[PDB]
Amino acid sequence: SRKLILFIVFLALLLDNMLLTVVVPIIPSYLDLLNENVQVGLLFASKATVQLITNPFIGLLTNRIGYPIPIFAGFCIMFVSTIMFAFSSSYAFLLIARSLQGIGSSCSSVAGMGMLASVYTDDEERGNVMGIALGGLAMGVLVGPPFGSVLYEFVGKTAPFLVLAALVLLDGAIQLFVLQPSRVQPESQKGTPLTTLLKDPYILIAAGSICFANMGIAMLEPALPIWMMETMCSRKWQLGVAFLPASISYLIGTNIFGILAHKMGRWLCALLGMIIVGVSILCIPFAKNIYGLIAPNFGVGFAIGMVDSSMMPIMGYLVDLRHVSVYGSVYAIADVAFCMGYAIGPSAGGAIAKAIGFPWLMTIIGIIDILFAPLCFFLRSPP
Ligand SMILES: COc1cc2c(cc1OC)[C@@H]1CC(=O)[C@@H](CC(C)C)CN1CC2
């Protein structure tokens, strides 16, 4: 049934973000409050840029041959990424494995969201199922850091990666049992061209909303006071703890608020999420140390869950209303906007760091978010 596809997408994004985020206890092994590292900048941005580039081709590919085959391709390349990643002694091998993992993340996310939207035609529980998928993303990024840390500090370096690989194999067994991509299943009608879809005001407004929210995240994580040379208290706790607040708030907000955002007015959800994101990003620089950095994360993650659960079903619904019922290209647009923030995070952050200080960057990012928030009013009554 439909819930089975929902579970497939849930666990696919769960394992995807688990593999994405389990790296954090391992990044220290390779070599005022907020500072950037050029070594982690390429590590943080190579996956994002590769996945950025790889998105629209996969959208067209799902439009061409079907949904399950790209998901199984995501299985194959994520498994080979884990295999080449556990043994990745060198930094170049690490970057190449991250790029392969990015291709896998692109196909998994785009195809899963597209088929989840296609099977769930009506918008009443469409928001619910996209909220559940994003909750799977949040749960994966929540369980990543501490699982990786305990497996690294109790067994060894390769043990978390091998255990995650076994979990991926169980996932792929489930995929083969469920989707069965035995034959190519072409779509009934040709989809709306990607270039024509970018000539749309509302789609671009939603894409900019998601891009600015994820940029609000992405300008902070590579610059967190983590993964230095050494620590007085040996650190090793912040590595597994620092992503608890944002992930917990994302999970809670998305899961509890998708249905109520459908009820109350989803443009209102977008606007409130943008306002709270701006407030949180603007109040990050007013923190003396990492002691006070925990509080604004609970707000920024909550509001970015708001934005994601309030714009991904709109990405589906705008094309459902004003275009043909083909979702691959529009969800490729949604995800390319979703990841452009992470892709341009390190370079833009470093340039603006060389120019001015970080607190001014946080204030200007919050100002842009606040000024862009009223533009979500245009989505109340789309023709
Ligand atoms: C290794 O660098 C990464 C670090 C982190 C993430 C992804 C990364 O890979 C680029 C995820 C992914 C997201 O989407 C964000 C979740 C927010 C919105 C709660 C941020 N988290 C947490 C930290």
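Note that the numbering runs from 1 along the sequence shown for the chain. Atoms considered below: every heavy atom in the structure, side chains included; atoms not considered: hydrogens, waters and symmetry mates. Order of appearance sets the numbers: ligands from 1, and atoms from 1 within every ligand.
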Checklist entry - Which pharmaceutical agent is found at ligand 1, per the PDB annotation? => result tetrabenazine
Checklist entry - What does UniProt call the chain with the greatest number of heavy-atom pairs under 4.5 Å to tetrabenazine? => result Synaptic vesicular amine transporter
Checklist entry - Using a heavy-atom cut-off of 4.0 Å, which residues UniProt lists as binding serotonin in chain A are that close to tetrabenazine? => result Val141, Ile217, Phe243, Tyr250, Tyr342
Item to check | TM segments of chain A, UniProt order from N terminus, heavy atom < 4.0 Å from tetrabenazine | outcome: 1, 2, 5, 7, 8, 10, 11
Checklist entry - Which chain positions lie within 4.0 Å of tetrabenazine by heavy-atom distance? => result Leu20, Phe44, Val141, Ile217, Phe243, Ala246, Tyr250, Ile304, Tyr342
